[PDB]
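Structure of interest - contains paromomycin.
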Amino acid sequence: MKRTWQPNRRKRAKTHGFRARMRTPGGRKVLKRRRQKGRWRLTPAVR
Amino acid sequence: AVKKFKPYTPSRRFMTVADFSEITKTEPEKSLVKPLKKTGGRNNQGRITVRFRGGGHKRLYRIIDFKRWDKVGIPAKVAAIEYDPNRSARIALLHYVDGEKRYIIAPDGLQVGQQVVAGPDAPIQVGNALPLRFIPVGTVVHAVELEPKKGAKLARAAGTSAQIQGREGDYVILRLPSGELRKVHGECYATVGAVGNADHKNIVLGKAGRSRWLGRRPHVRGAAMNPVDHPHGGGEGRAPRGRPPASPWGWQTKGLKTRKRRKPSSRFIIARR
RNA sequence: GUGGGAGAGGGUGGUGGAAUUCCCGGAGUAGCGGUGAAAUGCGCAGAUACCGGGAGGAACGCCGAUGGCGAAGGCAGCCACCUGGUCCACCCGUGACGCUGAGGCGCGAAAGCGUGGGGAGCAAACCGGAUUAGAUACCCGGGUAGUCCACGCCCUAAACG
RNA sequence: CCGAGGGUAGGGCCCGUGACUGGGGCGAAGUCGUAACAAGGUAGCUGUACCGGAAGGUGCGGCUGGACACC
RNA sequence: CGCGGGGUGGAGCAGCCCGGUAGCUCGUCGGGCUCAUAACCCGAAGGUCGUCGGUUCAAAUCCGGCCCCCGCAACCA
RNA sequence: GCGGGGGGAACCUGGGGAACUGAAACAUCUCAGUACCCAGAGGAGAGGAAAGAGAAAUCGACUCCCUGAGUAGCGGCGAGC
RNA sequence: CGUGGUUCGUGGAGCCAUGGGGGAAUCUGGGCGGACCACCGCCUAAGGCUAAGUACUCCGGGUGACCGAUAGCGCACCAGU
RNA sequence: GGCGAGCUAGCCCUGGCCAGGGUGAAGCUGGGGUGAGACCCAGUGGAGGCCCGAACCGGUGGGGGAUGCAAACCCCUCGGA
RNA sequence: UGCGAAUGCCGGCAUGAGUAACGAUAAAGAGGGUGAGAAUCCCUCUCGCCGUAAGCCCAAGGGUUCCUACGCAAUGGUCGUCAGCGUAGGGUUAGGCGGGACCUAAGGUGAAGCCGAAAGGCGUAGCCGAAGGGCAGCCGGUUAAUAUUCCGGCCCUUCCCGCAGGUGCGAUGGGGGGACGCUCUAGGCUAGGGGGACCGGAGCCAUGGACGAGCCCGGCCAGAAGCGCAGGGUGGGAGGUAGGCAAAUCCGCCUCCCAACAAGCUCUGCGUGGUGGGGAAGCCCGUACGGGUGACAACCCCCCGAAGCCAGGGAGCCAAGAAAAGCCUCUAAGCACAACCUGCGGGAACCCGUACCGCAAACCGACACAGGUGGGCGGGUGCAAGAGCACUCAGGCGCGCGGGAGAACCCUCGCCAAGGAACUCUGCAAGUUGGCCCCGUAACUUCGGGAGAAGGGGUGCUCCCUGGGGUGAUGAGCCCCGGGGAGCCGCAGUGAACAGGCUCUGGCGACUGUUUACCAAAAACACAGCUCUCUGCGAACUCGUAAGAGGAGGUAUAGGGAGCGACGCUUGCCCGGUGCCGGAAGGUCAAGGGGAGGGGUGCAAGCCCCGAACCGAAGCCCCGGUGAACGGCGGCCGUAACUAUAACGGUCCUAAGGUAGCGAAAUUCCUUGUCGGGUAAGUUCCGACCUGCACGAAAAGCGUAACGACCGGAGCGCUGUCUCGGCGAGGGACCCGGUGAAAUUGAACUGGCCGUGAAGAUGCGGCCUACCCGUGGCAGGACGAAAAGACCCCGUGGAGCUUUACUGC
RNA sequence: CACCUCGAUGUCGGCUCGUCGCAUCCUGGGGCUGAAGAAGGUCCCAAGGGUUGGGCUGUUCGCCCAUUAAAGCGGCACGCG
Ligand SMILES: NC[C@@H]1O[C@H](O[C@H]2[C@@H](O)[C@H](O[C@@H]3[C@@H](O)[C@H](N)C[C@H](N)[C@H]3O[C@H]3O[C@H](CO)[C@@H](O)[C@H](O)[C@H]3N)O[C@@H]2CO)[C@H](N)[C@@H](O)[C@@H]1O
Ligand SMILES: [Mg+2]
Ligand SMILES: [Mg+2]
Ligand SMILES: [Mg+2]
Ligand SMILES: [Mg+2]
Ligand SMILES: [Mg+2]
Ligand SMILES: [Mg+2]
Ligand SMILES: [Mg+2]
Ligand SMILES: [Mg+2]
Ligand SMILES: [Mg+2]
Ligand SMILES: [Mg+2]
Ligand SMILES: [Mg+2]
Ligand SMILES: [Mg+2]
Ligand SMILES: [Mg+2]
Ligand SMILES: [Mg+2]
Ligand SMILES: [Mg+2]
Ligand SMILES: [Mg+2]
Ligand SMILES: [Mg+2]
Ligand SMILES: [Mg+2]
Ligand SMILES: [Mg+2]
Ligand SMILES: [Mg+2]
Ligand SMILES: [Mg+2]
Ligand SMILES: [Mg+2]
Ligand SMILES: [Mg+2]
Ligand SMILES: [Mg+2]
Ligand SMILES: [Mg+2]
Ligand SMILES: [Mg+2]
Ligand SMILES: [Mg+2]
Ligand SMILES: [Mg+2]
Ligand SMILES: [Mg+2]
Ligand SMILES: [Mg+2]
Ligand SMILES: [Mg+2]
Ligand SMILES: [Mg+2]
Ligand SMILES: [Mg+2]
Ligand SMILES: [Mg+2]
Ligand SMILES: [Mg+2]
Ligand SMILES: [Mg+2]
Ligand SMILES: [Mg+2]
Ligand SMILES: [Mg+2]
Ligand SMILES: [Mg+2]
Ligand SMILES: [Mg+2]
Ligand SMILES: [Mg+2]
Ligand SMILES: [Mg+2]
Ligand SMILES: [Mg+2]
Ligand SMILES: [Mg+2]
Ligand SMILES: [Mg+2]
Ligand SMILES: [Mg+2]
Ligand SMILES: [Mg+2]
Ligand SMILES: [Mg+2]
Ligand SMILES: [Mg+2]
Ligand SMILES: [Mg+2]
Ligand SMILES: [Mg+2]
Ligand SMILES: [Mg+2]
Ligand SMILES: [Mg+2]
Ligand SMILES: [Mg+2]
Ligand SMILES: [Mg+2]
Ligand SMILES: [Mg+2]
Ligand SMILES: [Mg+2]
Ligand SMILES: [Mg+2]
Ligand SMILES: [Mg+2]
Ligand SMILES: [Mg+2]
Ligand SMILES: [Mg+2]
Ligand SMILES: [Mg+2]
Ligand SMILES: [Mg+2]
Ligand SMILES: [Mg+2]
Ligand SMILES: [Mg+2]
Ligand SMILES: [Mg+2]
Ligand SMILES: [Mg+2]
Ligand SMILES: [Mg+2]
Ligand SMILES: [Mg+2]
Ligand SMILES: [Mg+2]
Ligand SMILES: [Mg+2]
Ligand SMILES: [Mg+2]
Ligand SMILES: [Mg+2]
Ligand SMILES: [Mg+2]
Ligand SMILES: [Mg+2]
Ligand SMILES: [Mg+2]
Ligand SMILES: [Mg+2]
Ligand SMILES: [Mg+2]
Ligand SMILES: [Mg+2]
Ligand SMILES: [Mg+2]
Ligand SMILES: [Mg+2]
Ligand SMILES: [Mg+2]
Ligand SMILES: [Mg+2]
Ligand SMILES: [Mg+2]
Ligand SMILES: [Mg+2]
Ligand SMILES: [Mg+2]
Ligand SMILES: [Mg+2]
Ligand SMILES: [Mg+2]
Ligand SMILES: [Mg+2]
Ligand SMILES: [Mg+2]
Ligand SMILES: [Mg+2]
Ligand SMILES: [Mg+2]
Ligand SMILES: [Mg+2]
Ligand SMILES: [Mg+2]
Ligand SMILES: [Mg+2]
Ligand SMILES: [Mg+2]
Ligand SMILES: [Mg+2]
Ligand SMILES: [Mg+2]
Ligand SMILES: [Mg+2]
Ligand SMILES: [Mg+2]
Ligand SMILES: [Mg+2]
Ligand SMILES: [Mg+2]
Ligand SMILES: [Mg+2]
Ligand SMILES: [Mg+2]
Ligand SMILES: [Mg+2]
Ligand SMILES: [Mg+2]
Ligand SMILES: [Mg+2]
Ligand SMILES: [Mg+2]
Ligand SMILES: [Mg+2]
Ligand SMILES: [Mg+2]
Ligand SMILES: [Mg+2]
Ligand SMILES: [Mg+2]
Ligand SMILES: [Mg+2]
Ligand SMILES: [Mg+2]
Ligand SMILES: [Mg+2]
Ligand SMILES: [Mg+2]
Ligand SMILES: [Mg+2]
Ligand SMILES: [Mg+2]
Ligand SMILES: [Mg+2]
Ligand SMILES: [Mg+2]
Ligand SMILES: [Mg+2]
Ligand SMILES: [Mg+2]
Ligand SMILES: [Mg+2]
Ligand SMILES: [Mg+2]
Ligand SMILES: [Mg+2]
Ligand SMILES: [Mg+2]
Ligand SMILES: [Mg+2]
Ligand SMILES: [Mg+2]
Ligand SMILES: [Mg+2]
Ligand SMILES: [Mg+2]
Ligand SMILES: [Mg+2]
Ligand SMILES: [Mg+2]
Ligand SMILES: [Mg+2]
Ligand SMILES: [Mg+2]
Ligand SMILES: [Mg+2]
Ligand SMILES: [Mg+2]
Ligand SMILES: [Mg+2]
Ligand SMILES: [Mg+2]
Ligand SMILES: [Mg+2]
Ligand SMILES: [Mg+2]
Ligand SMILES: [Mg+2]
Ligand SMILES: [Mg+2]
Ligand SMILES: [Mg+2]
Ligand SMILES: [Mg+2]
Ligand SMILES: [Mg+2]
Ligand SMILES: [Mg+2]
Ligand SMILES: [Mg+2]
Ligand SMILES: [Mg+2]
Ligand SMILES: [Mg+2]
C-alpha cells in the first residue's frame, strides 16, 4: 500500500535544506547544534 | 421567471434555475473591466476563519462602478445586461459617450437601449444617480453611499431597494432593506430604482452538488460533534441542546445581540425591529 | 349603419381626506378602560384626556334612494388609460341569417390552499377576567391565522325572485 | 398444420368470508346537559373554517324561510 | 432488603414539623323558594386521627414497632 | 571615509521566563528568577567613587573569600525561605 | 494608583525601581535613618568612565591511595562514523 | 524550546483521466386544437449528483492468511463509475 | 570491594530440529557445449504462460545498477561455471529534446510602509516560483555500450556586423492580443487497421487429395519552396472625440461611405512534392548479439477509421469558465548621420541533463517482499459493442530449490442416486439466473417511475430469393444494417470464456453522496429544503499581543450562528424557574468626588492620618416579553333501570396538566400481552386492540412513490446448507537430496487411579500398571504459549470530558 | 465465605466427541392393587443396550407439530474454543 516515504528531491531541499535552516532562528540553532556536535553532514543530501 | 424541470432524476424534481432571458450577452465580460480573485475562507496566516468554504466554480471578478459621482453629467448608453457570478445581482454594461466603459449593478426595469446620467442635474429615472438630497421623497432607491464619496454600500443585492422617508438638515432618512431606519448624508450618491433580478430568492438549489458549485462545503451541526468540538456534542442518541444554544466558540446563538454598544454610528440609526 | 344617451359595468395605473393604531416632542396629574354591575388590563417607570410632528395599513362618510350596472357571483372617494353589455331617435343595409341547447369551454360571494409580499383595525383557534351548578358560550381584556396585494388553485352556497 | 384440453405465468371483474373498525337503522319509562320551536331567553338558517363530552360555539360572507318602544 | 413521603368526619384536602385548638370544599340531614325537581337562601349533624407500645402534666402533633399506601432505587455482573 | 553584520566549550550582564516536584491532597507558597528562549558583551562580564550604611557622633568606591548566621526576619507563622 | 526588587507573602511597610495621573525647587535647596511628626544626625538623585582582586576551560602543560578496552569520553581502532 | 502536512485531512494554483452500451428531459419543427391559448401528437433533439459496465475509485459478504507474500495481503463476491 | 535471580544489562552458546519453511499451481522435457565440479550457465529443439501485458515508450525517484574481461569467499532463500555480486577497463556527445542566460500562477519573498518585550509578524510595487503561457528538427544509419545529441540527407531560430530597399524612429508607458468552462458535436484530413484475383519473393506438394487465378512472406518512411484540398483567424474609408491618470494617428465612443462574402488578406493542417531512406518469409553460415543474400526488391488498388489534426471550429447549458511575457500597434522623452522594418550575406550561438532500472529483483514497502506508483502506445480474429472475454502478433516470460510417493488431514476445484433449507443465529456459503433480439409486464406513483418488474419465445450451419445504407458513377467491388423461403446435424447452437435468481411484505433513512487508514458503511454525517437568531458595513463573526487578514473586493434576496432534514398533511397548552430580549423610575452598588467629625505630632504656623452624610457605572434585585429559547405538560374519590364500563360529578394541587396523530413500537417491565394471519407446528414476522413500566409533534409527530452491499418476516425457483456422506483433481502434508528458522525453555531419570497437600499432583502416600528409542497422527492434561488482567478494587497515581464544584485567565 | 489462580484458570448456547452415576424414560425380571381380561397404578431389582425428526427463540429451558418401546435426570472447570 502507499507508504510514508514518497521521495521528491525538491521537497527535501526546500524543507530540510540549508537555506531553510538559515532562514529561521529555530533552524540556525539546528545548524549550531549539528555543527558543534561535529556532524559530518549538517543537512540532508538531496541530488 | 425560474425554469423548472421534469423529474427525470431525484433532485431534478425540485431544482430551479434562473430565467436568463434578461441576459443579452453570455460568454463575455468586457475584458478591459475585470481582474481575477481567489481565497479559501482561509486567511493571511493559513487558517480557516470562515467555516465550510471551498471548491466550486472558477470566477472572473467583474470590476463594477460604485462611484457614480466622478462621471457627473456625462451620459451613458446601456450596452448589455449580463451575468456577474460574484453577486446575486445582474450587471449592465454601459458605454459612456467619453468612450469609457463601466459596469453598474443593473436596476429592475432597465432595458438595454437607454440613456443614464448621474449628478445633481439628473432626471429622476431608473438608472440615474444623484446626491440623496436631490431625490424626491418616497423614491425607491438602490446602491446607496453610506458616507459621501466613499462608494455605494447599501441595497446592492438582487431584488433589494431602499426608500427616502424624509429629510433632516444635512441628512436624509432611509429605510434600508433591513427595515432599519437610518440617516445618510445628503451628499451621498444613490441610483434611483430597485435592484432587480428580484426573482432571485425563489431558485431552489435542489441537490447537494448545486451547493458545492457555489463553494458551500457541507455544514456539520454541533449536535453531530463530540464535546472537544462543540458546546452541544455527546450523550449520544441525540440530545437536546442541554444548555442555551451555542456557537462553536461558546457565545449564545438565539436572541443575543452582538452589535457593539457605544458605536458613534448609533446617532444616525433609528430602528430595525 | 348613422346619430345620440344613462350607468358603483369590468381590467390597469395613479391619487385624496376623515379616522384608528403606533412612535417622537410639548404641556399636564391620578386615574383611565370596561360592564348589567364588575374584574382582567393600562397607569407616578407620568397613562387617559389636549396640542405639534412622523409612520403605516385598510375602508371610502355626506351624495346614497324605496336608485343605477351586470348573465350570475357581484360593483360605491377622486383622476386617466384601455374595455363589455345596453337604451333611444332615423327607417339606411343584409334577407329567416332564428330560438334552445346533452356534452365542451368559461365565469363563479365567503372561507379555505400553495409561493412571495403586506399586516393598521378587526378577529377563528388560543389566554385571561367575569357569569353559571358548570360555561370548553353569550359579555369584558388580550390575541394568532385570516381579513389586504400579485400569481396560481379550490368550485361550493338560503349561489334566492 | 390446426386442434379438445392439460400445464406454467401474469392481469381483470364478481360473489363469499375475516381479528378489528367506522358510522347507521331500530328497540315503553337509564346517564349528561338545552341547541331548536315564542326576540326560545345570544333572532334563526347557512357554505366554509377552527374549537369543544354532547347538543353546539365562534369567525367570514350570505338568505329572511326574522325584527311601534327607546339615543 | 434498601431510602423518601403518607394513612384525619361519607369523598377530597388542611392541621403535625412548632404538644394543649381539629379546620375547608363536596356530600348527608331539617327547614324554605317552586305546581314540582335541581339551582339558590336559612340551619344542623357528623371524625379518634391505621394500629400497638412509650415520652409527657397533656399526644392528630415527639419516639419506637407493626400493618398498609404512593413514590424512588436494584448498578460493574 | 570609518564602522556594523557572523562565530566561539563554559563563564558574564540584560530582556523574557516554565512545569514536574515539595507542601505526604491543593490554589497562596515551593521548585525558581531555575530550565529554557532572545539580545549584547568580552577574555572576562557585571559592579564601582554614596542623594551609602545605620547608632558609633562610627564606617568610607566596587568586586571576591571567611565570618557574622541558619542570626535578624519572612512564612496557608505551613512546607519552607 | 498599579507592580517589581529586598528577609519583607499587605503587613505598622519604609527603602530602591517605575506602567499610569498630578507635578516643584537650586543650599533658606533636596533624599535618607522602617508608616507618621519633632528633634538630632547621614548624604548630595535625576550625565558618563574606571584597572586589580572574581567566573569559566574550546586550548597547552604538570600532577593522581583516577579508569585500564562491558572501565575511562559516546569515540584507545579514520566516530558523532 | 524546537522538528514534522514527502503519510494523512482540508483548501489553494496548474495539468490530466473517465472503453462501450442503455434510457430519451427541455427546447426546436411540423401537424391538430382554439377567438387567441393552454394543450395533444409526431419528428427531431441529447438533458441527468439518470441505467448497465471496464479503466480508475472503492471495500459488501464469505473463504484463506495469522512466527503471513503482506506490521491490513490474496481469492471469490460486491458499491460508484 | 564479593551476585543466582531484578520478563535486569552486554556478549556468547544451547532447546525447539534436521522441524516449519525455501515467497504466487504459468510447467516443463531432452540433446549438445562449458567447467575441478551443472536439474539450476550457454546454444538448439519440443512443451507451456502473459499479449489494455507479464510488450514498448515517458516523468518521478534511484545513482553506475549500463557494456565487456577476469572471478565465486560472501550476497542469491538450493545450486551456480551464472548475476543487479568481487576486481578491473570502457560507456552518457545537442543553437532546434528537457531546464536555465523568457513569462507569470497559487504561494513565497519583499525598497515603501505598518506592527511587534527580543527573536520576529505583516505588506504595495518589485523579485522568486511551473506539468501552465512563449519557444527553432524531421527521417535513417552507426557502437559491446550513446544518439531528434555522432553521421548522411532535407529543413529552421536567435544574436552580431555589413549591404540594399523601405519608414518619424523610438518604452519599463497606452491599446490589441495572448485569453481559456462543461456537455454534445459538423466537414475534411492523418495515425492505425482489414482485403485484393493486382505487384514483388526464397521456397513447398508431406499423409488421402491438391501444380493451384494454390500455400506461406512483403507490398512503405521522411521530405523545404511551389502547388492543391480542408479549416482557423480577419472588414475597408473618413469626420468628430471630452475616455483609455502625459502623449498619441493606436484603442474606445458617435456620425457618413462603400464590403458582406473568409472575396481578399493571413495562419495552420493534410497531400503531393526535388531529394534522401527503408525493405519480409526463407535459406546460409554465425553468434549475449545479429549478419549475407533473397533485391535492382515490390513498393500499387480497395475498404474500416479515431478520442488524434485542421483548432480561437460549431451548438446548447449554467455552476459563467488564469496571468504575464513573447507578438502587433500607438505615441513620450530622446534622436532624427541615429534608430527601427524587410530581404540577402558572413560571422557568433553558453550552462546543466542525456548510461542503465522505471508497475519493478534497480523506485516506496528492513528482503531479488504476491502490496503501492502519474502520462503515452497498446496489433489480429471471434463474441451486439468495448480497453470486456478466449486464443493469438511483435515482444516478453515458466515466477532462483528440486526428485518422488499418491495415507490421514488442510486449502482451491470438479461431480453426485432419492429428497430439496429438513442446515443454521441467518440458505451463511454454494447453487440458480445470466448476453443480445422479440412478445409481454401488476400493485402503487411525486406520472419520471415502479421495469431488466414478473413471465416467455428466439439464438447454429446450408442453399434460394430480397430491401435500404456508406463508398464509389447514378456501376461493380468493398464494407454496414436488415427482411422472406426451404432444408441439415447434435443431448445441447450467447454449443467454449465474459454477463441479473425472482416475488411478496415490514422497520429505518427521502434520494446520489460521507465516515471510524488497520475488527463498526450503518438507522450514523452530509444533503436540497423549513424556522429561529445575530449583522447598516471599518458588519456580525473567526484567527492574531498587534499590524494585518479572512468575511468580501460581498451589503439584509447578503453574511454569520443554531436546530430540524426531499415531499405530503401537520406541529397543540404552560413564561412560575433558567436563558435571552426590552425597561431613562426605584433599591444595592467599586474606584473617584465629598470632608461632617475624630486622631498623631509640633511652641506654633503646620505636616501627617482617619473619616459620616451626600453625589457616583455596569451588574444584581425589581417590571414585563419571549417556545422551530433551556424546558414542563397531574392525583385521589364517585357516577348509568342486569352486569360491566363511565359521556357525567366531586375535590386536591400546577406555571400549565400531553391536542392531533401514533402505539407490546429500533420505545412494552409484567411479556411468548390478547385476538387474527401465515405454518402440520411461529418467544420472530405481519394485522388488530390499548392496560403507552417509560410515544407524541422541528433532540419534530404521522405518512409517503422512488432509492439501500442497511435490519426483520414469507414464498417460488435452485442447490453437498442438510438427511449423510462418496468419488475424483491439483497445491501442501509424507519419503529422498540441498538450504535451514521460531516463540518457549529452573532443571528432569516427565505413567494411571484413589487419596493428600495453598483447596484441580508426573514429583507426596498407597495401590495399579509399565522392556529401550523413535516416526506419523489427535488435542484431554501439563492450572499449556503469548501479553506485569483491559473487568473488579486499591493509589490521598494520571489523563479526556461536563457543570448553577472552587479559584483564576 | 473469600482459600489457590488478577507477571490472565477465555464467560453462555450450539456443534463434534464421548464417558461415567442411577435417584430407571423404554425393553428384561418382580411385590402389592381399590389387578376380570386388556389396559393402568404404586413400589422393588436392574446401568446391557436404547432413548426420533421438526416449528418458534441466541437461548439452556420451555411451548408446539408429527411419531415413538421410550422420547430419562444428572456429573465430567454449568465435560469439551
Ligand atoms: N334514529 C336515531 C338517531 O340518533 C339518536 O337516537 C338514539 C339515542 O339518542 C336515543 O336514546 C334515548 C335517549 O336520548 C333518551 N334520552 C333516553 C332513552 N332511554 C334512550 O332511548 C333508547 O334506550 C332504550 C334502552 O334503554 C331503548 O329501549 C329505546 O328504544 C331507545 N329509545 O335512542 C336512539 C336509539 O334508539 C338521536 N336520538 C337522534 O339522532 C336519532 O333518533
Ligand atoms: Mg491510490
Ligand atoms: Mg571531515
Ligand atoms: Mg505563513
Ligand atoms: Mg469538479
Ligand atoms: Mg448540517
Ligand atoms: Mg458522535
Ligand atoms: Mg482538536
Ligand atoms: Mg465544552
Ligand atoms: Mg449536549
Ligand atoms: Mg437518550
Ligand atoms: Mg362608466
Ligand atoms: Mg362602452
Ligand atoms: Mg330597409
Ligand atoms: Mg371562488
Ligand atoms: Mg378569499
Ligand atoms: Mg382586540
Ligand atoms: Mg335575495
Ligand atoms: Mg390452443
Ligand atoms: Mg388453453
Ligand atoms: Mg334553547
Ligand atoms: Mg342558537
Ligand atoms: Mg336563541
Ligand atoms: Mg370557541
Ligand atoms: Mg388534642
Ligand atoms: Mg559577536
Ligand atoms: Mg535575567
Ligand atoms: Mg504534593
Ligand atoms: Mg494529586
Ligand atoms: Mg571590567
Ligand atoms: Mg565595567
Ligand atoms: Mg560600568
Ligand atoms: Mg527565594
Ligand atoms: Mg514582593
Ligand atoms: Mg514593603
Ligand atoms: Mg527642603
Ligand atoms: Mg527618594
Ligand atoms: Mg540612611
Ligand atoms: Mg526612625
Ligand atoms: Mg546616609
Ligand atoms: Mg588499576
Ligand atoms: Mg596499569
Ligand atoms: Mg568503551
Ligand atoms: Mg581483555
Ligand atoms: Mg561505548
Ligand atoms: Mg500531502
Ligand atoms: Mg496535501
Ligand atoms: Mg488511459
Ligand atoms: Mg460512454
Ligand atoms: Mg448512448
Ligand atoms: Mg445521456
Ligand atoms: Mg450513474
Ligand atoms: Mg473484503
Ligand atoms: Mg468493513
Ligand atoms: Mg455502474
Ligand atoms: Mg562492601
Ligand atoms: Mg538473592
Ligand atoms: Mg516435532
Ligand atoms: Mg515441509
Ligand atoms: Mg519460487
Ligand atoms: Mg513456489
Ligand atoms: Mg495464452
Ligand atoms: Mg490484444
Ligand atoms: Mg532521474
Ligand atoms: Mg549486466
Ligand atoms: Mg549459495
Ligand atoms: Mg559487476
Ligand atoms: Mg529565472
Ligand atoms: Mg549572455
Ligand atoms: Mg519573473
Ligand atoms: Mg514574508
Ligand atoms: Mg515552464
Ligand atoms: Mg511548457
Ligand atoms: Mg525548446
Ligand atoms: Mg531515429
Ligand atoms: Mg542517450
Ligand atoms: Mg511609430
Ligand atoms: Mg499591454
Ligand atoms: Mg498425397
Ligand atoms: Mg509453417
Ligand atoms: Mg496487405
Ligand atoms: Mg509525405
Ligand atoms: Mg545486394
Ligand atoms: Mg468557439
Ligand atoms: Mg502491480
Ligand atoms: Mg505504466
Ligand atoms: Mg528488471
Ligand atoms: Mg524470486
Ligand atoms: Mg514486487
Ligand atoms: Mg495504477
Ligand atoms: Mg460482446
Ligand atoms: Mg483482458
Ligand atoms: Mg444430489
Ligand atoms: Mg423443489
Ligand atoms: Mg448469500
Ligand atoms: Mg454466464
Ligand atoms: Mg426477463
Ligand atoms: Mg454445426
Ligand atoms: Mg447482469
Ligand atoms: Mg418491528
Ligand atoms: Mg440514505
Ligand atoms: Mg453514484
Ligand atoms: Mg458518521
Ligand atoms: Mg474500519
Ligand atoms: Mg454503503
Ligand atoms: Mg478587509
Ligand atoms: Mg475581498
Ligand atoms: Mg437529525
Ligand atoms: Mg427524522
Ligand atoms: Mg412545540
Ligand atoms: Mg416557562
Ligand atoms: Mg416572564
Ligand atoms: Mg423567564
Ligand atoms: Mg438608582
Ligand atoms: Mg446600576
Ligand atoms: Mg417576570
Ligand atoms: Mg391541549
Ligand atoms: Mg400497545
Ligand atoms: Mg406481537
Ligand atoms: Mg416506552
Ligand atoms: Mg406489529
Ligand atoms: Mg422521541
Ligand atoms: Mg421539541
Ligand atoms: Mg413511522
Ligand atoms: Mg417506507
Ligand atoms: Mg448509497
Ligand atoms: Mg446500504
Ligand atoms: Mg460436503
Ligand atoms: Mg492429492
Ligand atoms: Mg520414563
Ligand atoms: Mg488430586
Ligand atoms: Mg514424602
Ligand atoms: Mg509424535
Ligand atoms: Mg493437548
Ligand atoms: Mg494440531
Ligand atoms: Mg498487574
Ligand atoms: Mg483525598
Ligand atoms: Mg489525583
Ligand atoms: Mg483470597
Ligand atoms: Mg479472612
Ligand atoms: Mg484472575
Ligand atoms: Mg504464569
Ligand atoms: Mg496461560
Ligand atoms: Mg436403583
Ligand atoms: Mg393384566
Ligand atoms: Mg442401562
Ligand atoms: Mg432461530
Ligand atoms: Mg424460556
Ligand atoms: Mg462449560
Ligand atoms: Mg476460539
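Just so it is clear: chains get the letters A, B, ... in the order the sequence lines come, proteins before strands, and each one is counted from 1. Portion of entry displayed, and contacts counted within that portion, nowhere else. Heads up, header says this was done by X-ray crystallography, 3.1 Å. Remember, it's 1-based here, ligands and their atoms both numbered in the order they're listed. Both backbone and side-chain heavy atoms feed into the values below; hydrogens, waters and symmetry mates do not.
- The structure holds paromomycin at ligand 1.
- Bound to paromomycin with the largest number of contacts is the chain that the PDB entry calls 16S rRNA.
- Using a 4.0 Å cut-off on heavy atoms, the other chains next to paromomycin are D.
- The residues of other chains having a heavy atom under 4.0 Å from paromomycin are listed as D:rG25, D:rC26, D:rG27, D:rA28, D:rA29, D:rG30, D:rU31.
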